[PDB]
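Here, indinavir is shown bound to HIV-1 protease.
Chains get letters A, B, ... in whatever order the sequence lines come in. What you see of chain A is 1-99, where the numbers are those given in the PDB entry. Residues 1-99, in that order, are what chain B shows, numbered as in the PDB entry. Whatever order the structure lists ligands and atoms in, that order sets their numbers, starting from 1. Only this structure's heavy atoms are used, side chains among them; waters, hydrogens and symmetry mates stay out.
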Protein chains: 2
Amino acid sequence: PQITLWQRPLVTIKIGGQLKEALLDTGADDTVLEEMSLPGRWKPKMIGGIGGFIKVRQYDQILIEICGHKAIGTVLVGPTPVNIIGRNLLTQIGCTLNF
Amino acid sequence: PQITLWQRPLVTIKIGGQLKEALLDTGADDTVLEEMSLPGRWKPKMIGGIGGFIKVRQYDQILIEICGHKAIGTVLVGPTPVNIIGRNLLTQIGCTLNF
Ligand SMILES: CC(C)(C)NC(=O)[C@@H]1CN(Cc2cccnc2)CCN1C[C@@H](O)C[C@@H](Cc1ccccc1)C(=O)N[C@H]1c2ccccc2C[C@H]1O
């Protein structure tokens, strides 16, 4: 698709057999989802944005479907205000910025 | 241009006759630039990022030059680590997300 930016670019993702809403976010290096339980072991990570750092949980090789495009990649879990799809998974599903 | 997302999407902007580098951020609602002096009076605002809220100064009716293209709109100035061009100005230059 082509998504213009007058509204937030929210798409629907499927992860863990659930459907969630997430923001497509070119300003985010990584993908962070709200507090959920995902399979397997986790490592620790701190990510910093505006307002400071949060401590999140890094899971690897997670399957997540964005607009019916399957990506398998690293997903962070933590107290983020919105689910954010960031560059590590945007590159996978072939996403560019155009003007 | 067609900007890919293997690296951060940094481009050159011009505001107040200064050249700056800044991030094309589809996840940002507003444009937030690093502490600098602008023409006009400002309203104060609280905007919230990933690690919580910061206080910014809001200037209206500001022209920025992004890769040639002019855009005018609200610009917030405040303690941000990186310069961020959000949706409010991304729309004016005709920016879209394509996959
Ligand atoms: C207006 C303003 C700019 C303040 N907006 C944001 O910060 C929004 C906030 N919401 C939330 C919100 C807050 C309040 C109200 N509604 C919504 C969540 C997403 N962001 C958008 C982010 O794209 C902003 C960037 C800024 C940045 C980039 C690089 C380095 C430092 C800062 C961001 O936070 N990116 C970071 C990031 C993000 C996720 C995972 C890893 C990493 C690393 C890093 O790239």
Contact chains, indinavir, heavy atoms < 4.0 Å: A, B
Contacts of indinavir at 4.0 Å, non-hydrogen: A/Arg8, A/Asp25, A/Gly27, A/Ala28, A/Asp29, A/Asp30, A/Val32, A/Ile47, A/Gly48, A/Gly49, A/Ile50, A/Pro81, A/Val82, A/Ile84, B/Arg8, B/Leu23, B/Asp25, B/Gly27, B/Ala28, B/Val32, B/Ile47, B/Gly48, B/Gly49, B/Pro81, B/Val82, B/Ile84
Min N/O separation A/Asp25 to indinavir under 3.5 Å: yes
For A/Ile84, the indinavir atoms whose distance to one of its heavy atoms is below 4.0 Å: 18 (C), 19 (C)
Proximal atoms of indinavir relative to B/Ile47 (non-hydrogen, under 4.0 Å): 4 (C)
Numbered atoms and elements of indinavir in range of B/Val82, under 4.0 angstrom, heavy atoms: 27 (C), 28 (C), 29 (C), 30 (C), 31 (C), 32 (C)
Distance from atom 38 (C) of indinavir to nearest protein heavy atom, with residue and atom: A/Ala28 CB, 3.7 Å
Atoms of indinavir close to A/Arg8 [distance to a heavy atom under 4.0 angstrom, numbered from 1]: 16 (N), 17 (C)
Heavy atom of protein inside 4.0 Å of atom 30 (C) of indinavir, strictly below: yes
Top protein contact for atom 34 (O) of indinavir, by heavy-atom distance: A/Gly49 CA, 3.4 Å
Distance filter under 4.0 Å to A/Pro81 heavy atoms, resulting indinavir atoms: 11 (C), 12 (C), 13 (C)
Nearest-contact summary for atom 41 (C) of indinavir - protein heavy atom, Å: A/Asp30 OD2, 3.6 Å
Interfacing atoms of indinavir (cut-off 4.0 Å, heavy-atom, A/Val32): 39 (C), 40 (C)
Nitrogen or oxygen atoms of A/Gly27 and indinavir under 3.5 Å apart: yes
Residue A/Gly48 vicinity, atoms of indinavir by number, heavy atom under 4.0 Å: 31 (C), 36 (C), 43 (C), 44 (C)
N or O pair under 3.5 Å between A/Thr31 and indinavir: no
